[PDB]
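Heading - samuraciclib complexed with Cyclin-dependent kinase 7
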Amino acid sequence: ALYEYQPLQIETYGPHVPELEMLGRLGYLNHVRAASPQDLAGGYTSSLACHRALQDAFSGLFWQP
Amino acid sequence: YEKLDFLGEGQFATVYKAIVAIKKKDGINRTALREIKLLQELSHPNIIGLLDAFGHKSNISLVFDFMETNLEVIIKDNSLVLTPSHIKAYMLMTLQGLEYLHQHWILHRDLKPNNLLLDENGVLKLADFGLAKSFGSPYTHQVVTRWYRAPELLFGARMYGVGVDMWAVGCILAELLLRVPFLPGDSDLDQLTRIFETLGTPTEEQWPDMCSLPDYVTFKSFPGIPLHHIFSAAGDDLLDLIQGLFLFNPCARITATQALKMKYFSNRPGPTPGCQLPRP
Amino acid sequence: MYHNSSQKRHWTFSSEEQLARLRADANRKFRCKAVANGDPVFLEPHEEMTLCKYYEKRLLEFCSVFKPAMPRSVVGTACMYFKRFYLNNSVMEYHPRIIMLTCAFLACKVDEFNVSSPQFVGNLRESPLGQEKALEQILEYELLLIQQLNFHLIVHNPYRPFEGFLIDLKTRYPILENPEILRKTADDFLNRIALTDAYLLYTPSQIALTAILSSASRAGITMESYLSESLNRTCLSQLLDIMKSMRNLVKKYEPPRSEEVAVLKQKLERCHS
Ligand SMILES: CC(C)c1cnn2c(NCc3ccccc3)cc(NC[C@H]3CCNC[C@@H]3O)nc12
């Protein structure tokens, strides 16, 4: 009856995307626009933008219709 | 589709029971277009599914799975007790729906007990996607019912993230433990005052960039009531979850995946099976 | 996300032969309905494709000077709407001009580019009576356009994949110095890929990567190691074959000629009148 976390299993048909918490220390955030402090007040970070851009770049790259 | 019953009337449309629920110059209404465009690209057991859409002239009708009730009817009901297991089950269904939604970069932005519809088999789905918007591109702060609006939104946040949903989730969690709205403000100022008089007035250490919000004004400091005093009968894991959901810093506030990975859901007891959830 | 979108499922096709089959089916269905209604006035499917390409260019020109400034996402969505509509419908039933204006209207609304109807129809270079008439036609055809799209309104463009690929190249490919050089020329290639049928045949990530690699090859730079190392030999061969098909599609494309388009325009007006 105990719940157990299992991550969502969604096939992307493309290369693996590095996780959000690892983008800064891998050098990705060095090539994206830095969030202004007003953005940071509301919870906006450049990590989200970089993550979404990479996920779009890698989504369905090895898929054939 | 043969109509069976009248279900309700909304600001933008009207819902009848056909078994499905059918919801019916600028042109086609933009809320309907938004619901159509967002519910077609999603498929999760905890998100309301759009079955088919059709209309006439400048009006359209959307077909949805029929929903027996919502969380607000359960909360306001007085003949049913809400055990910790039921609260955990509702919380789990809400958080898995929200995790799937956030993974696809969508903010619901209208989370409240009425927008959390419940199947006849005890399955919870997030509904009313008329305010939902995709997030993650470098918005209006007048979103979310005021009783569930986050302090960043009340302070005039333009760009935000999943936190504006999570705060509402926290509010909903509170409404499940006390059976009454947690922070029932009348205006933006009153809502902020109640937030600060219950949870304290955050400093710069709890929120490094408070004073950067355009609608931010300085409030007097408050000795916020301790959460174990507010939620007396709750447990330590539940208190940690509440503290994570009600953190003033939106970046530090727990996400849906982080909340699902907390010990509150893993600890005994397990969530109540959907077929055994209470029915009004 | 694209990898579970409706565009991948219902609007990506295995071959352009199937696309031609759908267009011919539409043309012959209109012909049968017309002859049932009670000839040299009809148009062949290749002529319909010529007119469709001409009016896709017209939609591009309409969106390029639109005020307030229209984001690239709205334009791409409108053009994909036009292509999807005229896959299963004929230009001799629904006029392409009203259809492209309705495509722009619906794209603006769906993309969350909030613009009111009066300022949208003020962008048309017509008289106020003509603008009101155009608005009326657009409002008439909005629901029909939505129905012909099967209520699939979210369109995945290659612009965000392009940005993500550039970020990844800046981070993980130090062999290529200044990846931003590729931004311009690859952009050009993207434009050309928009004019062909590739938007219905492939994925946005593949289009973006094809544009980037074509720009690099034109610049005199190889990025095979990017695909092999940074990015399975069978998978690599599949990707290279997809890229080759992309380049062949862009090479074989021919713009519509002025005289042919004028003849087709008078013929189409005769069909509508
Ligand atoms: C349109 C779709 C999401 C839907 C499916 N079932 N259902 C029901 N069922 C009747 C009901 C609901 C809640 C409590 C008692 C009875 C009512 C209803 N009312 C329309 C709005 C009202 C405000 N809250 C969200 C609802 O969708 N919308 C729907």
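In the text below, chain A, chain B and the rest are named by the order of the sequence lines, each starting its count at 1. Quick note: numbers below take in every heavy atom, side chains included, and nothing from hydrogens, waters or symmetry partners. Atoms within each ligand, like the ligands themselves, are counted from 1 in listed order.
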Specify every chain or ligand assigned to samuraciclib. ligand 1
Tell me which other chains have a heavy atom under 4.0 Å from samuraciclib. B
Heavy-atom shell of 4.0 Å around samuraciclib: B/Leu7, B/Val15, B/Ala21, B/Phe64, B/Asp65, B/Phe66, B/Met67, B/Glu68, B/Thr69, B/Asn70, B/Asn115, B/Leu117, B/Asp128
Specify the protein heavy atom at minimum distance from atom 23 (C) of samuraciclib: its residue, its atom name, and the distance to 0.1 Å. B/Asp128 OD2, 4.5 Å
Any atoms of samuraciclib less than 4.0 Å from a non-hydrogen atom of B/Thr69? List them with their elements. 13 (C), 14 (C)
Per-atom contacts of samuraciclib with B/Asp65, taking only distances under 4.0 Å to non-hydrogen atoms: 5 (C)
Looking only at protein heavy atoms, which one is nearest to atom 1 (C) of samuraciclib, and what is the separation? B/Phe64 CD1, 3.7 Å
Protein contact to atom 16 (C) of samuraciclib [nearest heavy atom, distance to 0.1 Å]: B/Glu68 O, 3.4 Å
Please name the UniProt domain of chain B carrying most of the interface with samuraciclib. Protein kinase
Are any non-hydrogen protein atoms located under 4.0 Å from atom 21 (C) of samuraciclib? no
Protein contact for atom 26 (C) of samuraciclib (heavy atom, distance under 4.0 Å): no
Protein contact of atom 18 (C) of samuraciclib - nearest heavy atom, named by residue and atom, plus distance: B/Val15 CG1, 4.1 Å
Got the closest protein heavy atom to atom 17 (C) of samuraciclib, with its distance? B/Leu7 CD1, 4.1 Å
Using a heavy-atom cut-off of 4.0 Å, list the UniProt ATP-binding residues in chain B near samuraciclib. B/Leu7, B/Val15
Atom 3 (C) of samuraciclib - nearest protein heavy atom and its distance: B/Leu117 CD1, 3.6 Å
Can you find an N/O atom of B/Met67 closer than 3.5 Å to an N/O atom of samuraciclib? yes
Quick one: which UniProt active-site residue in chain B is closest to samuraciclib, and how far is it by heavy atoms, to 1 Å? B/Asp110, 8 Å
Shortest protein contact, atom 4 (C) of samuraciclib (heavy atom only): B/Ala21 CB, 3.8 Å
Within the protein, flag every N or O under 3.5 Å from an N or O of samuraciclib, and note the pair and distance.
| from | atom 1 | to | atom 2 | distance (Å) |
| --- | --- | --- | --- | --- |
| samuraciclib | 6 (N) | B/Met67 | N | 3.0 |
| samuraciclib | 9 (N) | B/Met67 | O | 2.9 |

